[PDB]
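What follows is a deposited structure in which one can find fluconazole.
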Amino acid sequence: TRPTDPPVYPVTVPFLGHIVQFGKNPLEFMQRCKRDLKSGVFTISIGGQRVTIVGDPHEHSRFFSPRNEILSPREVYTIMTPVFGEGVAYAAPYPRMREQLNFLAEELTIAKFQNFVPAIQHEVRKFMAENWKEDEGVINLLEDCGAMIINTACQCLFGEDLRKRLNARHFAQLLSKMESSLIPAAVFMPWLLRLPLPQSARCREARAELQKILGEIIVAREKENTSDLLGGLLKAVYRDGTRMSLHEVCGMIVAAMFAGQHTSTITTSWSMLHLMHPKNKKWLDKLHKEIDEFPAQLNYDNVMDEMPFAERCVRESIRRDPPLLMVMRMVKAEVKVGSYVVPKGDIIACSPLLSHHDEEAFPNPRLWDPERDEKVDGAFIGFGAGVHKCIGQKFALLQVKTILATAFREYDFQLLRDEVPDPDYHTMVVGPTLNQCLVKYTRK
Amino acid sequence: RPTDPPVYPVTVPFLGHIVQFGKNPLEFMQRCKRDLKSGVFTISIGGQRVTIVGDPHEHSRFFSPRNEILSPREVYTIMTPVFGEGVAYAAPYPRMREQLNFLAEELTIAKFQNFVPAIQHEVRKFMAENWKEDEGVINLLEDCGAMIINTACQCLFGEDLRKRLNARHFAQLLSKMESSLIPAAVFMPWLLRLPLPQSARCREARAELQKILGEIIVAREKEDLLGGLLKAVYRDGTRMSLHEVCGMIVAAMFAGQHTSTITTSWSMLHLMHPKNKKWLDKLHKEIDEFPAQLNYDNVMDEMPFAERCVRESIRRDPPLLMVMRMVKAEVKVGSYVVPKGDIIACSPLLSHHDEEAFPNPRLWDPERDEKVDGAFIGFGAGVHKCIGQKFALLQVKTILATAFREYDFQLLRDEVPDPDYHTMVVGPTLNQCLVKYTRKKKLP
Ligand code: HEM
Ligand code: HEM
Ligand SMILES: OC(Cn1cncn1)(Cn1cncn1)c1ccc(F)cc1F
Ligand SMILES: OC(Cn1cncn1)(Cn1cncn1)c1ccc(F)cc1F
């Protein structure tokens, strides 16, 4: 304790200290901390590592503004090394990391988008046509949104040859094996990673199978690409004279697909679940009124400039239940957050989960109300902000919006459950409880 | 202190020797046996003393003592989310025994009568559907996996359970439970008090199975393994709960799935390697005696050579590396006494490589025999000896008889695969298992 420290939540069980409670309900646990300590800015213990939460939305900037030398991502992203590739992205020196991210940025922006809406529509219609064939049936909506999200992304981002060698299902399995390997505990207790774990070898094996497949597509392709993701990075030349290695190319592909697969899936699922719930009739009607204006074949302009209501729907689903609960950095140099200074060596967090539930910024936050707006500027941080803000944001909104436009024009849905699913907090990227996602479709 | 196995010296207290042991348990335990000039020694895994009874003349003093002296419960804690909380090792010891015995009395032995032809059918159906070409490239470890689930399901389940729970779906649930486990935790039990998404994947998989099994039982109550345990009445008046029935089904299939798969794969890999021509000929000479339809007697009393082949595969590379107990009361092992609170281990991997018991142990030689009585402990011994042993050998022998009568195989690699030690249950490195099949016959 220095006298310029956020209040600390009292710890019992030193070795843990709060990992079980936080682990069990992050929302409920961080709101008890904010309330009992009368402070938005506080410090918990996770396995003995101090974690300072910047849970006051008026203070959001002081987390998202500072450069890499003050608030550092590398150390928190160490867990992802076996996914992105060993010296890749956050694990490269910071200027090279930025080029790598920017090369990905410039493949989702924005002459590239031109063929995206119709490629998303085609995959959605093919999926509904093959899986929702009956007049009426029961589906698990989280599993099917998953299938659609991989199918649509693949079709937007890959040539037919890569898709003929790596089908969407096969891809989802590889991505899924990588994700289910990770142990979020270790972000806070990095010694856990010096332990032999079969999980990390499952995750390297998965990554290595992808690079192998990708390498075969590249040799094949170099015997007589244009718009597609792979062919872009193939042609990326760094500041210096040099080109990307296979390992890095695989890196940025993994990173883009890994990023969007679970988060957009969850978001599409949440959005539909709200929309189909009886109380939410008012909003389902508003959506049909936006979307029934449009033709069978949609375009860039339809989805982008002319669906502000669908967007509000997607944006509020992520507001109520952000899939990424916590944004984190390692405090390399002490920092003023409000009053208080966060000491060197702390993990500093800014939590979309917690900030999207501040009663000042989001009055009555458990209410899903798509016509609402943040009452504190910057409060919404679902896709981050500052130097690390999400670069799939635009792709993600357009994909989810396009699916909603296509699914609801064609089907009605009934939630088979009285209430909207609980969020299930046992997993790294957080979604609605899988158990509770049975829905009944009626073909219109 | 004076009556303690020599301790391998520890640097890095926190880990002990988890990394070395983690990376190559054979080489690491043989360096310990050689430099300390003692079969019986004590290593450190994350700070827990582990005493290895690595002298085969001393095997009995590990396997003989009853549950009050050498206790399994504490080492089986990791499997709680698989078998079911409170189930098997987690029940009091007498009830544990009834539960195991009920499982035992479902693989012994009027039950076996229909097993050989059900294994053959599934094997021929699999080859017919997957090895259809004149010749092709398969991954042998994956396909032995598919055969092992298909054959066991067809031996153990009624049509109705197989209709509702297909073999592939079963394999996924099993595989999801198994890839959750963190063997480190057997030695550092505090790791389990950590919220991990791994355990929740494992519980969810378990709970999907019970739910399906519960639907089969209600369906079935409106006029094989499942129906046995349904019929089981304990010593007292009472019957098994759904939770325990699920437990014993999960335990028997979890048990056989990865170990038999690994054994079938090893067996074939050796037999197909050019240097093992001598043995591949002997096998053909045993099996070419028999008709197209085999029976119990064919596989059981009349294939001593195939068995030697299976047994030597497990001898060179046992899938379960370490048999373990918690020392509740101090025990004499050779000279030395193993203190209360030590984990006492007996390692098939290490004892199957003692020069005395198994001269030149990295040689696969199916005609060899242990030169130290009891040395082979691939299926354990004493009160906890494997109860799928008989079923395992019959399954593998029946597959080998069926595969090799119909196909030849070429290892696509100069040498037999390395064992891959990154995984809980150990097999041949998946990478190195590409094999080329040549079909010897036609129809379908
Ligand atoms: C609703 C879906 C998504 C959500 C909620 C989301 C959320 C976020 C958040 C909160 C961050 C900040 C990470 C940090 O500050 O450490 C982020 C970063 C990132 N996202 Fe997403 N994201 C989504 C979709 C996508 C998609 C589809 C892509 C595919 C390109 C993507 C690629 C990335 C990348 C590369 C970063 C790091 C970029 C950088 O470090 O500058 N995301 N995302
Ligand atoms: C090649 C295949 C197999 C190998 C190498 C193997 C190995 C072993 C070993 C070493 C043990 C000793 C456990 C201990 O002392 O902790 C064991 C126990 C056991 N096995 Fe297997 N096993 C195999 C196949 C199977 C199969 C197919 C089943 C299916 C029912 C099965 C069911 C069991 C059960 C229930 C136990 C515990 C019984 C008790 O504690 O009394 N095993 N096995
Ligand atoms: O944030 C992730 C990594 N992550 C955090 N929790 C679990 N995985 C996911 N993500 C970000 N946007 C969408 N998904 C990510 C994946 C890729 C990446 F380049 C950065 C990055 F933070
Ligand atoms: O030993 C297993 C479970 N296990 C041990 N290490 C990793 N998983 C495997 N096993 C035993 N025979 C075949 N496989 C087991 C599974 C079921 C069981 F009842 C006991 C038991 F030890």
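Order of sequence lines = order of chain letters (A, B, ...). Chain A is numbered as in the PDB entry; shown residues: 27-250, 257-476, in order. Chain B is numbered as in the PDB entry; the shown residues are, in order, 28-250, 260-480. The figures that follow rest on heavy atoms only: side chains count, while hydrogens, waters and symmetry mates do not. Every number for a ligand or one of its atoms is a count from 1 in the order of the listing.
- The structure holds fluconazole at ligands 3 and 4.
- The main binding partner of fluconazole (ligand 4) here is, in the terms of UniProt, Sterol 14-alpha demethylase.
- The chains other than those of the drug that have a heavy atom under 4.0 Å from fluconazole (ligand 4) are B.
- Here the protein heavy atom with the shortest distance to atom 15 (C) of fluconazole (ligand 4) is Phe110(B) CZ, 4.4 Å.
- Applying the 4.0 Å criterion to heavy atoms of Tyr116(B) picks out, from fluconazole (ligand 4), the atoms 20 (C).
- Among all non-hydrogen protein atoms, the one lying nearest atom 14 (N) of fluconazole (ligand 4) is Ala291(B) O, 2.9 Å.
- For fluconazole (ligand 4) and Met460(B), the ligand atoms under 4.0 Å from any heavy atom of the residue are 6 (N), 7 (C), 8 (N).
- Heavy-atom distances show that, of the heme-binding residues UniProt gives for chain B, none lies under 4.0 Å from fluconazole (ligand 4).
- Close approach of fluconazole (ligand 4) to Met106(B) is summarised as follows: ligand atoms under 4.0 Å from at least one heavy atom of the residue are 3 (C).
- Distances from atom 10 (N) of fluconazole (ligand 4) to the heavy atoms of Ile105(B), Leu356(B), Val213(B) put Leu356(B) nearest.
- Set against the non-hydrogen atoms of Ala287(B), the atoms of fluconazole (ligand 4) under 4.0 Å away are 17 (C), 19 (F).
- Regarding atom 21 (C) of fluconazole (ligand 4), its nearest protein heavy-atom neighbour is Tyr103(B) CE2, 3.7 Å.
- Distance check for atom 2 (C) of fluconazole (ligand 4): every protein heavy atom is found at 4.0 Å or beyond.
- The residues lying within 4.0 Å of fluconazole (ligand 4), counted on heavy atoms, are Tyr103(B), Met106(B), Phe110(B), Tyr116(B), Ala287(B), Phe290(B), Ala291(B), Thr295(B), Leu356(B), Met460(B), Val461(B).
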